[PDB]
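To find a chain, count down the sequence lines: A is the first, B the second, and so on, and within it residues start at 1. Computed from heavy atoms alone, side chains included, the values below leave out hydrogens, waters and symmetry copies.
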Amino acid sequence: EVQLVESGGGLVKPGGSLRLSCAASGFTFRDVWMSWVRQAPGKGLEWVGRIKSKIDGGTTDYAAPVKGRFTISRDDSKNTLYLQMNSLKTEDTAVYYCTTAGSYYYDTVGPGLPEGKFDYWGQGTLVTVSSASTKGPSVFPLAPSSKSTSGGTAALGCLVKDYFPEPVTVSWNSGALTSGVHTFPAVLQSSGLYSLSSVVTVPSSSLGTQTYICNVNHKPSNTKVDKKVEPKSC
Amino acid sequence: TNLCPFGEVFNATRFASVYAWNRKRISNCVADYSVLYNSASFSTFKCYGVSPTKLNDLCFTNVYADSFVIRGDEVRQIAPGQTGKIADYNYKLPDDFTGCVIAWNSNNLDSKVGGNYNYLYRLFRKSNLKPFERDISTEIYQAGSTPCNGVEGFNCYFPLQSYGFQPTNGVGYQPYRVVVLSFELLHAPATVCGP
Amino acid sequence: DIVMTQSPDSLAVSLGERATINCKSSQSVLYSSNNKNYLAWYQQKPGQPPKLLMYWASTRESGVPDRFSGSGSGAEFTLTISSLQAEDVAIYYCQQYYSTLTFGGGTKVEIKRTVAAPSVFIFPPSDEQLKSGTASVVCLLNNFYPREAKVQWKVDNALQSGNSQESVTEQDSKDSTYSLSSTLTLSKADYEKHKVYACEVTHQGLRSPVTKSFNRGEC
Amino acid sequence: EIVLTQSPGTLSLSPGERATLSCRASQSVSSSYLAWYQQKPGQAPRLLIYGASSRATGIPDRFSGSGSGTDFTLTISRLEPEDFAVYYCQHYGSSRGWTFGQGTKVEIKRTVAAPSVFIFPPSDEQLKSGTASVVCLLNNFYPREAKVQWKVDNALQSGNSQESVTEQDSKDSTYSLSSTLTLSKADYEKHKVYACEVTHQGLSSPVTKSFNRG
Amino acid sequence: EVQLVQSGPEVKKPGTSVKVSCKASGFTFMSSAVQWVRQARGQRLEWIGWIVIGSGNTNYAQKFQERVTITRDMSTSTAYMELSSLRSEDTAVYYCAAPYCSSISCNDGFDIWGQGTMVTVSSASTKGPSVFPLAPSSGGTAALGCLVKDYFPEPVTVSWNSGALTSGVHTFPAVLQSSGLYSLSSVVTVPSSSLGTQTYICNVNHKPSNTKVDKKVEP
Ligand SMILES: *[C@@H]1O[C@H](CO)[C@@H](O)[C@H](O)[C@H]1NC(C)=O
């Protein structure tokens, strides 16, 4: 499998520095012109910077908003792409992608693509630049009841409250329950904290038998919570 | 002693476009031309004015190795006394040519899904080339009497054009890597010899 | 910089209708040496990385349906979905790779759809939250269209104001509906001095505004 | 793209006079890529002028092109009989975006001639097919504009007339046109008075020719 | 001697395509370029596109940029233009044009033109005309004629007395009736005195169907 795995993001204070990195597998990395693209939350794509392969000079190019602070580099011996960010600003708050986009139109690789594709992106690492402090979330159950029931199905969920910064991840029953899960987009309360709800519909027949546990992980605060969600009579 | 660095020429990653072809001087080494014939499978290895079996017994002042990429049905233009876009406008051998041309199919290296448009050749020109001339101009070709002023349009055409190198192409239209060996014998000492 | 600008910003048609997107570059992106336009189209859905759709202006990437067709030349380009489907609701960016890489502002494509009234549910606070001094009451609306939905919290029939916030989902890729959760947050003290907590929903597919409520003496 | 507008739409000039045809561009364009063409009916266009001011091989001296920027002119000094045709300008700068003008017709000027109007009854052989064709004829008149109204009994008819006009003659330099009313056979035999009303500049008062049948 | 020769007239049904040819003889074709132009009956010149014979590089008007192709065969000195998804508004006459070139250089204007290719796009079917008489019915100068009605496709020819009657003969352009078939009239003016002595027969030919008709016209 050809895969791009970014890592190394989170909370950083303004004027500070941070090194993103992206580990690639499944293709001949040393022949690809890799770029970084970022996306501010709710906003569009914005190219940050490309580095060419060693065969084509290794020359770097940066966009004007980041030129003078960012530094891209390779370790072809470990198939890793780096991005050094210094003197960070709040307008740098975004999720950062490492990508092979823009390369196949120039590089040396031929038609023998491992999967017929050439344009690849990682999942993305978010970087929050803020003078604010980290805060772990509070996890509260949303109990299924006659008030959350219609036609044999029953909604239940979890409340992930008062945390900074993004993101939290929520899985149910350690990833066993996946069918019917809705995770609502987090909202930014005025207190500067985030809050979101994760709900899932289930057959009400099982409510007396099945165990529903939502696993909330918040990476920036190193907080892990597993919450039993039990029925309540209403 | 030093072996002639034919690996650098034949085993290069990037190859020049034919219009901007690439010469590499070879000097102060010993070449094993016999091994070059059997170094791989070359779809073409026509020698001119020399037998490669007996080329290991001669010495030359210097050896020039020209390399580029052309279509399959154009390899026949890399020979003395030829005609066509590649011979007349890109790479021209003299009638008194004394060397071997070599080619092999490079669909695995120089074709791309959706089209490889990085390999170019010269389409328009005012006159045919002299032997071993190389024109890397880029000025808009004036076909009429109106001056072009560096602007494309009617009777103002860009001199170059690209192969649409696709993997599913027929082998005639597939990319081929040509390497031409020129041998020079001058009044100077000879620095390139066989074993 | 070469600057990409798309029109329109948003787009809404019925199922199977024609959707078109436009892209304008500051300079031409036609390379004379090969007569190729050096730009592409990408699609992106929420929470996902973008997916390449078109390149060289018109060359489809493998797996892309035939509804997608790139066109244009030089500095004016058009992406056209011939019959919009429910799983094309995304934002479509145009990118140039003529000089470095530059993305456009994106265009949000949304599905016009038949009316659907929401399923209203409601959850009371947890004893764990009340242990800490706060009471959060959640209201849930399920599978409605259009997106416009009014959710008012009443507390013993007193309209609330300033103590509730909402969140809407992505438009569903199969039945093109929306869901929404509205969280009312009170103090543990203020919460126990009242009895009936109500979620009142005004929506187009509802004859009269629907109410889901619960009594604290019955929870 | 770029838009060219020719002025005027029609020139009414006698042989030997001086024709001035204008072509105005919506943006400034280069003189190197503006041409003029001539066109008689049935023939392909014919290049008179290229590069705004140069004559194409074998064009008489009396053809002259001038202009720059957005205003280009074609001048015919003394009008020959073989010069009355339709004229088009064409801009063809850049590799893309070329356009033509709407064209200017140049026609021979003559003294006013009034039309001699003939009405025609449908044939008995045609009524067997189910449809009826009434025909009005306007013959050898100038100038070209006219109006032919169809009155059945005294009901003005609209939406069932088709018109067709000839090129102006090379002998008397006049026009001629035909208008064919079309009715079903049943609707035709119901009325009795079929009248064709013609107005023209050369006519003092409108002229009505009619027949009584049906 | 130096010329462009195009294809024959086409009749076409909506939705299909059409490919007109343009074979050049008499000059250096490989250095020239071909542009394509159309013109409907009694209307202005419409520019379609153009190709550069040496490169094959094409450029189409924005109006046709999707459903037109222009191609050239150097070995036959021929340019082709193909128009997709023909509609009724495509019924026109199509022209190719090129500048004379030599072994030296080219002219700076499209001075060579083809004969012109008529392309009728309709849903009708071939049919022979039903000609009818116009009754001749003054002191002198009388008017008679015949009416060529309901035929497809264009054209039809009209003679009078096998080419003997030429003065005063006005054959009008055809019109396109609602039924999708054409209909044109023809008239002559004859001296009223010789209405009974002279015999007038109008000749009709519709070569797309081998229908040929002569019709007597009597008072
Ligand atoms: C190029 O490399 C191959 C294998 O890597 C080798 O067999 C061949 O001899 C090399 N070419 C030359 C000219 O040495």
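Counting heavy-atom pairs under 4.5 Å, the chain with the largest count for chains D and E is, by its name in the PDB entry, Spike protein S1. At chains D and E one finds the drug AZD8895. Picking from AZD1061, MEDI-493, REGN3479, VRC01, the compound at chains A and C is AZD1061. The other chains with any non-hydrogen atom less than 4.5 Å from AZD8895 are B, C. As for the chains of AZD8895, the most heavy-atom pairs under 4.5 Å with chain B are counted for chain E. The entry refers to chain C by the name light chain of human monoclonal antibody Fab AZD1061. The bulk of residues of chain B touching AZD8895 reside in UniProt domain BetaCoV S1-CTD. A heavy-atom cut-off of 4.5 Å gives the epitope of AZD8895 on chain B as B/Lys85, B/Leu123, B/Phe124, B/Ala143, B/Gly144, B/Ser145, B/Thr146, B/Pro147, B/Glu152, B/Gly153, B/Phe154, B/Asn155, B/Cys156, B/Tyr157, B/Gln161.
Heavy atoms within 4.5 Å of chain B belong to these residues of AZD8895: D/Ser32, D/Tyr33, D/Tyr92, D/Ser94, D/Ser95, D/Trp98, E/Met30, E/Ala33, E/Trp50, E/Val52, E/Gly54, E/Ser55, E/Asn57, E/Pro99, E/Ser105, E/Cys106, E/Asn107, E/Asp108, E/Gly109, E/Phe110. The molecule name in the entry for chain E reads heavy chain of human monoclonal antibody AZD8895.
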